[PDB]
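Data first, discussion second: the structure below is written as structure tokens.
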Number of protein chains: 2
Amino acid sequence: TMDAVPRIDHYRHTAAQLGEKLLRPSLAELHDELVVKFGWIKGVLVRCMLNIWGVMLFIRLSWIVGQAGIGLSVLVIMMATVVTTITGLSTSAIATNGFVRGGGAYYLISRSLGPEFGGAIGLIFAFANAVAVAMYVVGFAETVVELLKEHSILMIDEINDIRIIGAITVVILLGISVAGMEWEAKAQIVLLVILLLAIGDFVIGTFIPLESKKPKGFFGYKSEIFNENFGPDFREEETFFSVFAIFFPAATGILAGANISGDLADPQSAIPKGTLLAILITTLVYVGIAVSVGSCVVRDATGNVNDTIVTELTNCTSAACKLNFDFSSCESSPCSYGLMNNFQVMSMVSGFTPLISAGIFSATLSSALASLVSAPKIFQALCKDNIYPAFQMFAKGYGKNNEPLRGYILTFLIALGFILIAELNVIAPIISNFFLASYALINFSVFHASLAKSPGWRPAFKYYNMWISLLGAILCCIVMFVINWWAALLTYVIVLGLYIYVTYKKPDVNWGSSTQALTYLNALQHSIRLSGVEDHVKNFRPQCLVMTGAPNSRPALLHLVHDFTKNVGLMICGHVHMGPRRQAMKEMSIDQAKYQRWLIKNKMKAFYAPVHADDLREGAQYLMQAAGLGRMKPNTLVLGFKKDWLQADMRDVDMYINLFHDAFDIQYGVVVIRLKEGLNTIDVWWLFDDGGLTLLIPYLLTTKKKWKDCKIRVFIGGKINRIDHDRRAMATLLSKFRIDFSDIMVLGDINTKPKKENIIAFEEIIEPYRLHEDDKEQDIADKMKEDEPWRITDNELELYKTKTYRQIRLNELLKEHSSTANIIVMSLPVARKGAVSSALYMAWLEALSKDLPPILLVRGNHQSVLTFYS
Amino acid sequence: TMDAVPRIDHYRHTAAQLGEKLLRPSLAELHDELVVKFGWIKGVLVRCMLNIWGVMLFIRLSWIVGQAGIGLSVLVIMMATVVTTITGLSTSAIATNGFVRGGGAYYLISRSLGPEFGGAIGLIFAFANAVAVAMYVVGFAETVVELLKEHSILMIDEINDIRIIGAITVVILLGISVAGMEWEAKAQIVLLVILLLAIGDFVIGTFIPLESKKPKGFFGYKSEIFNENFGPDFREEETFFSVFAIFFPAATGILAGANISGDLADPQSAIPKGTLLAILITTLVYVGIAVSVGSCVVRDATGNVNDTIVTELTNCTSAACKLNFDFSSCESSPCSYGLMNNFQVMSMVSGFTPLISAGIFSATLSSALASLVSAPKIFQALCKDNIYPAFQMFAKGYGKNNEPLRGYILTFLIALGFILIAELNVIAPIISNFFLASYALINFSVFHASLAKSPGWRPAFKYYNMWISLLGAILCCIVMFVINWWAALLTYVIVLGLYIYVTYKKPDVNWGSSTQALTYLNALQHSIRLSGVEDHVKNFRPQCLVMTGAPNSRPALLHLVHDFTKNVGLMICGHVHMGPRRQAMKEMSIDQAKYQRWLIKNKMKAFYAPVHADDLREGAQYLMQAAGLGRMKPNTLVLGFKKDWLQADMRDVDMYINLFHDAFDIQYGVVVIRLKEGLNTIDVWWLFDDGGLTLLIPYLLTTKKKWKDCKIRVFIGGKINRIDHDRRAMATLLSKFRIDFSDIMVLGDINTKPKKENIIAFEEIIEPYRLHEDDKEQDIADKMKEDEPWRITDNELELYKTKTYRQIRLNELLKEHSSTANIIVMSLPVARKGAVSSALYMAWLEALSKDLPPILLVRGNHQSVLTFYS
Ligand SMILES: Cc1cccc(Nc2ccncc2S(=O)(=O)NC(=O)NC(C)C)c1
Ligand SMILES: Cc1cccc(Nc2ccncc2S(=O)(=O)NC(=O)NC(C)C)c1
Ligand SMILES: [Cl-]
Ligand SMILES: [Cl-]
Ligand code: NA
Ligand code: NA
């Protein structure tokens with residue numbers, strides 16, 4: 001049947017080849033008459049879980065649960081979890097749209113809402129990961145240094161030992177990462193097993209209370225300790241929000257699995273479930289460990305065997321005394337340790353202490369490895385789009401699975417430098433702010449997509465309410481402020497600067513962002529609003545349709561039309577295409593884009609309006625009948641003077657004059673512009689009341705900065721002995737309209753016979769098109785029907801001598817008075833259709849406008865365009 | 001010449017008679033073939049000066065100067081003058097645009113920025129003036145009560161005497177106001193003369209030092225007092241902002257002259273200059289009096305001759321002794337005189353004593369008279385505007401000059417009630433905030449008019465910078481908050497409530513406000529923005545041109561098309577008008593308004609688009625070639641099934657089919673809707689790949705609240721023995737597009753001969769259109785060019801039997817399967833142009849769709865409309 005059935009091969013044209021077996025027929029033919037890929041578990045779940053988990057489970061979780069209450073600590077965890085889950089829901093929604101080629105969160109953000117935000121967030125996120133690797137390596141070095149300092153071993157000052165260990169660790173991590181994407185997965189699995197072993201060791205040792213640890217804070221699940229550990233016992237210059245700020249970074253790292261989207265077996269399924277499961281499991285483990293530590297250890301303790309453990313005569317109505325006096329009465333002296341003074345509680349409540357030490361080692365190393373892997377991927381994805389041209393390179397992949405070795409080396413260098421600094425406690429909040437900004441950008445991506453009701457939003461993952469996403473972005477910003485407000489300001493400024501730079505760069509890319517859909521929707525909504533507004537005389541605007549063909553053919557005329565339309569009124573540059581329909585469609589499709597881009601590149605607020613018809617008359621008919629939307633429709637027809645009418649087929653001149661006639665018939669106002677295309681005052685000779693357009697146009701000219709210094713001087717026609725009366729009337733009328741005029745000149749020389757020379761010149765010019773009916777018999781009635789109506793009938797030439805003499809005399813007056821004007825505006829002669837031939841009308845116009853400064857012959861609708869009523 | 005020269009009579013038609021000869025010729029006729037008025041001084045200057053001056057020049061200015069030094073008091077006056085001068089500049093700008101028919105600031109505000117704000121501000125301002133009448137009368141009563149209590153002539157308490165005196169004065173003022181406008185002006189002049197006499201008396205007395213007043217603070221213009229008082233004191237619980245709030249109401253009252261616009265000889269010349277002169281003179285007098293009082297009286301004093309006045313040896317480091325010791329050394333014991341404890345200081349520092357009291361009487365009475373005059377004016381103007389229908393009563397005018405007698409009575413009643421309350425100290429801030437809100441609305445009117453760039457702005461008064469006006473409105477809001485913050489919140493709430501009520505009432509009025517111009521400018525700017533956005537498959541929208549004629553003939557089809565276009569994509573209702581051009585233009589002009597209003601009233605976000613042409617074919621050509629603006633152009637022709645084609649001239653059917661053909665030639669998509677107009681699943685039978693529109697339309701259908709429950713079930717064609725493979729392929733394709741489907745059905749019964757009965761029925765239906773070439777001879781070729789291309793040839797009928805049987809069998813299948821669907825979407829058969837006659841195409845469509853639920857035959861553009869990439 002030649003009509004192809006729906007087939008995936010038809011739509012598959014970017015990630016594969018359709019081939020000969022799949023090719024949808026075009027409408028014309030029917031019409032025209034004749035590599036490593038990971039699963040969701042090992043690719044998203046494990047990476048997300050390992051990135052989320054860190055030293056908080058073994059260092060600060062006990063301190064947080066002590067400073068705050070069990071209930072308040074659980075609340076802090078839950079609120080951080082809200083912020084991360086909302087972010088994860090938004091990420092899954094943005095990832096279940098189409099095929100994600102690679103990159104990571106940068107790819108999702110860019111393909112969602114445009115290269116500007118995409119590049120800003122991509123650079124920020126890549127830098128954040130490149131510095132996070134160094135921070136995690138520094139944490140590992142700190143843990144190793146503390147472990148060796150607890151013994152006698154040491155090489156150099158603590159800082160230098162930290163630097164050495166960090167450098168060795170970073171070198172090893174870079175080697176492992178360069179080894180490949182499978183070795184890294186094996187190492188991640190090993191580290192996860194070790195960390196789970198450490199967690200289980202802590203939980204097992206919390207169930208075995210050894211008396212030797214009694215002088216410590218550990219007691220072994222005593223309900224009295226639990227009841228005493230509620231409430232916010234803040235023993236410092238800190239508060240609830242300080243604890244929240246300290247803990248929240250422990251909820252981050254939820255985008256690790258989506259950072260390697262270019263290596264997943266199948267995104268759109270692995271990312272959502274993997275990320276959500278990782279968030280759930282990590283939050284559950286955090287809550288469990290918080291409660292466990294809060295039900296075993298007392299806040300304060302003075303570890304000492306000599307400490308009274310016999311519970312002699314006393315009351316000391318605290319939780320500790322409820323079972324024994326061990327680690328009691330340090331409310332005045334700074335007792336050694338406890339749930340609020342020792343950060344190794346997890347290492348003591350546990351069993352095998354080196355098991356917990358290895359758990360911390362794995363927690364830091366897994367995060368470092370994940371960051372080192374993820375940052376180069378984002379950088380290479382952002383570089384492959386050439387958003388920052390200098391960053392070209394750092395995008396070449398090596399081996400079967402394209403791996404950014406150059407990005408790997410760059411991340412290694414950045415991490416090594418930041419480790420060489422070795423003092424990173426002041427930079428962590430900036431990195432946290434960067435991550436929070438990325439989360440907020442993802443949430444805003446989802447919200448923007450839901451706001452712009454693009455039919456192609458079509459996300460495969462539900463449970464992504466737009467309002468929840470907006471609330472999540474707001475919460476991300478608020479949490480960003482809650483910790484290191486000045487860091488938040490710095491990140492905001494950096495993001496805004498990058499966004500502005502990218503917007504000004506205007507990169508050559510087009511992805512289908514929600515920004516374009518929202519632009520269309522905004523235009524549609526505003527047009528629909530405007531369609532319900534009644535038109536008023538004082539709200540009239542010149543809405544011009546300029547017949548120019550190619551808008552670049554005559555630039556002076558286009559600029560002039562722009563002057564009195566730019567920012568006030570509509571401007572449609574109409575172009576008529578002629579020839580066969582087939583090639584005409586392709587030519588119009590090319591020209592539309594070419595000329596719209598040309599206009600936008602020259603600051604012309606005009607609309608290109610191509611049209612295909614047999615002749616210019618029919619195309620202009622199309623435009624004057626249909627061009628426009630609702631109330632934004634042309635009311636004025638603008639033409640340029642047919643400067644070549646003298647040497648041109650009379651059919652073209654007839655078409656020009658017929659354009660005039662159809663413009664008048666359709667109740668349009670006609671503006672004919674005659675100026676020298678090759679490349680003071682404004683004189684307005686408006687002698688017939690067209691409704692005011694002749695005055696409105698030059699006033700709008702004066703409203704612009706190009707004609708601000710030009711003063712309007714008016715010319716009118718009067719009767720001798722009555723000059724002053726008419727001048728006063730014109731001055732009063734102009735004052736009522738509030739149009740400033742430098743001078744008013746009343747001329748009685750109109751209606752007088754022009755000179756003999758000018759009449760002779762007009763006759764000589766008009767001779768070739770004269771019919772000369774008198775010199776011929778009735779046979780001439782065939783020329784008037786075949787070689788006509790171009791021919792000028794002697795009857796009309798004698799019946800309209802007044803108008804011809806008026807045109808010649810008016811040209812004389814214009815030359816004598818307005819020769820020094822910057823622009824002339826004059827009433828456009830109107831010829832009744834059927835009474836005057838096209839050739840005679842063209843000759844009238846040519847005689848009127850010949851050899852003068854830029855001139856505009858204006859004939860308005862005759863509907864009132866000005867008013868003096870408020 | 002029948003062309004009329006410019007003349008004021010053509011444009012003078014709304015506020016004056018046009019006349020016989022005052023009628024410009026219409027473009028068709030030339031182209032078609034064939035009592036008491038006041039001047040600016042007595043009307044604006046005097047009223048503004050008398051309203052601005054209150055009891056602050058004799059009661060509170062001295063206390064203010066005492067509380068804050070000379071410099072700080074001068075600063076307060078200057079800042080209040082900034083707020084008022086900005087307001088006055090905006091008022092002059094808004095009043096020098098057109099002829100101000102009547103009313104006051106209400107008329108200017110309404111004619112500037114729309115009936116909503118106009119009515120809100122008018123009601124609030126009228127109420128403010130009415131209440132101010134009572135407040136000024138209460139001030140007069142208080143002054144008289146104090147004067148008579150100084151001599152113990154009070155009767156029936158004090159408040160109960162204030163009530164009686166105020167009632168008598170209000171009755172007298174009402175009588176004077178009813179007496180006419182000239183008598184009020186004479187009384188105003190008399191009061192002004194008295195007040196100037198009082199001011200001059202104070203200034204003269206300040207130069208006549210008298211030892212009698214030595215016990216009082218007055219000393220005689222001594223420098224030492226000036227240096228002492230040049231600095232702030234701010235005694236008691238007083239602050240700079242508190243004194244500024246106390247003083248600022250003194251600067252108000254600048255709109256008294258503009259409130260009399262309906263009785264001025266020449267507004268646009270009297271209001272601006274008069275108001276500015278009033279502001280200047282009042283501020284100058286205020287500054288002079290403040291400085292003079294600060295240079296002649298000490299802040300503290302104790303008036304007694306027995307007190308120490310010798311100035312003998314005494315340390316008294318304070319500067320009060322610089323000239324004498326009279327009225328000194330009460331820094332601990334409260335004093336009874338001075339610039340901080342006595343308010344009658346002016347009366348004491350003057351010459352004749354009762355003349356100051358007379359000046360106070362005049363100041364308090366002139367403001368009351370002005371308010372009682374102005375409030376009815378504004379109320380009558382806003383009532384003649386008929387913005388609140390219940391208030392149409394208070395619009396009648398009496399006498400030669402329309403005088404709102406009912407408004408006068410209502411204002412008198414309101415003032416009498418508020419005087420009967422007699423305790424207005426708590427209501428003054430409300431009135432001040434109302435006045436400030438009016439000032440802010442005037443400034444925002446000027447700013448909004450400058451924002452929208454309508455050519456009709458054209459204000460005759462310069463010096464009105466838009467940013468200055470916006471700053472003035474902001475300052476007015478801030479000042480109104482500064483004093484009585486809760487009063488400011490209450491006034492804001494009242495203004496917003498009135499604005500919402502007026503917006504929802506939708507009054508039937510059109511004045512060409514700045515809001516409409518801004519709507520147009522916003523739409524144009526958004527369209528210009530959208531014109532620069534590149535096109536992407538992800539952002540494709542269905543932009544439909546529905547050929548419906550009158551948009552109310554078939555409501556069901558319009559609803560159906562609007563369901564999948566509202567909020568997503570454009571919708572243009574195209575109507576073609578035939579007949580003579582002259583009458584056609586008027587018909588289209590009326591129809592455009594009628595149908596746009598009908599659409600907006602019916603909640604259709606569509607655009608009515610009428611064209612004039614001699615046949616539907618070329619009108620649709622106009623629409624498909626030119627309709628739209630920039631990137632908001634249609635790409636899908638929507639047609640209703642010709643249900644009468646069986647009984648209708650075959651020229652109409654040929655035009656319909658050629659509409660199809662031209663739609664395809666212009667590479668448009670085509671949607672044909674067949675549904676019953678007189679009186680839950682969506683079945684998509686898309687069998688040919690059109691690019692995806694057949695699938696994209698029903699999805700958008702399911703995207704709306706009216707089709708949320710319906711589930712999409714798909715039907716495709718397949719080969720027997722491989723049904724499951726094709727079903728899996730279709731399921732995968734739909735999942736990649738993210739279009740939810742309840743079921744997929746693969747049909748092998750296509751391309752099979754339908755029932756004999758159905759073929760016989762099709763033949764019977766098609767019988768009276770066959771060319772019967774075999775039965776006839778070569779002469780039949782004439783019918784192919786005279787009765788054709790309607791006639792169905794025998795060659796085509798025999799050569800396209802497969803397609804006809806396909807249509808019949810497809811209708812059988814749809815009746816068998818989709819008979820219970822809420823809507824059906826099917827692939828529209830495409831007939832090669834020149835190969836199939838129009839009648840056979842129509843019969844194909846009829847056979848395909850009949851005895852079915854609502855159906856959409858969709859033939860997409862064959863360009864990809866869906867994508868599974870991101
Ligand atoms: C890079 C960076 C910057 C700022 C804060 C964090 N913290 C995070 C982040 C994600 N998951 C857990 C944590 S954590 O709870 O602090 N555990 C942890 O081992 N942090 C190490 C840096 C010592 C990480
Ligand atoms: C109706 C009203 C409400 C609130 C404040 C004012 N004050 C104004 C207004 C205009 N010019 C001067 C003043 S004034 O300086 O306060 N003098 C004065 O006599 N006010 C009298 C009410 C006693 C007026
Ligand atoms: Cl992350
Ligand atoms: Cl006022
Ligand atoms: Na980790
Ligand atoms: Na007054």
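In what follows, every chain begins at residue 1, and chains take the letters A, B, ... in the order their sequences are listed. Ligands are counted one by one from 1 in listed order, and the atoms in each one are counted from 1 as well. Header lists the method as electron microscopy, 2.6 Å.
The PDB lists the drug found at ligand 2 under the name torasemide. Most heavy-atom contacts to torasemide (ligand 2): the chain the PDB entry names Solute carrier family 12 member 2. The heavy-atom neighbours of torasemide (ligand 2) at a 4.0 Å cut-off, by chain: B. Each of the following atoms of torasemide (ligand 2) lies closer than 4.0 Å to a heavy atom of B:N51: 10 (C), 11 (N). Torasemide (ligand 2) has an N or O atom lying under 3.5 Å from an N or O atom of B:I52, backbone or side chain. Contact with torasemide (ligand 2), defined as a heavy atom under 4.0 Å, is made by these UniProt transmembrane segments of chain B (N-terminal numbering): 1, 3, 6, 10.
Note on torasemide (ligand 2): B:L57 sits outside its first shell, no heavy atom being nearer than 4.0 Å. Residue contact annotation: B:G139 has no non-hydrogen atom under 4.0 Å from torasemide (ligand 2). Per the PDB record, the organism listed against chain B is Homo sapiens. Looking around torasemide (ligand 2), I see no other ligands or ions under 4.0 Å away.
With a heavy-atom cut-off of 4.0 Å, torasemide (ligand 2) reaches these UniProt chloride-binding residues of chain B: B:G54, B:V55, B:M56, B:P249, B:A250. Those atoms of torasemide (ligand 2) with a heavy atom of B:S432 less than 4.0 angstrom away are 4 (C), 5 (C). Between B:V55 and torasemide (ligand 2), a contact under 3.5 Å exists for at least one N or O pair. Every atom of torasemide (ligand 2) with a heavy atom of B:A132 under 4.0 Å away is listed here by number and element: 1 (C).
The heavy atom nearest to atom 2 (C) of torasemide (ligand 2), considering only B:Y136, B:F140, B:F248, B:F247, is found in B:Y136. Measured on heavy atoms with a 4.0 Å cut-off, the binding site of torasemide (ligand 2) is B:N51, B:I52, B:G54, B:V55, B:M56, B:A132, B:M135, B:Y136, B:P249, B:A250, B:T252, B:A428, B:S432.
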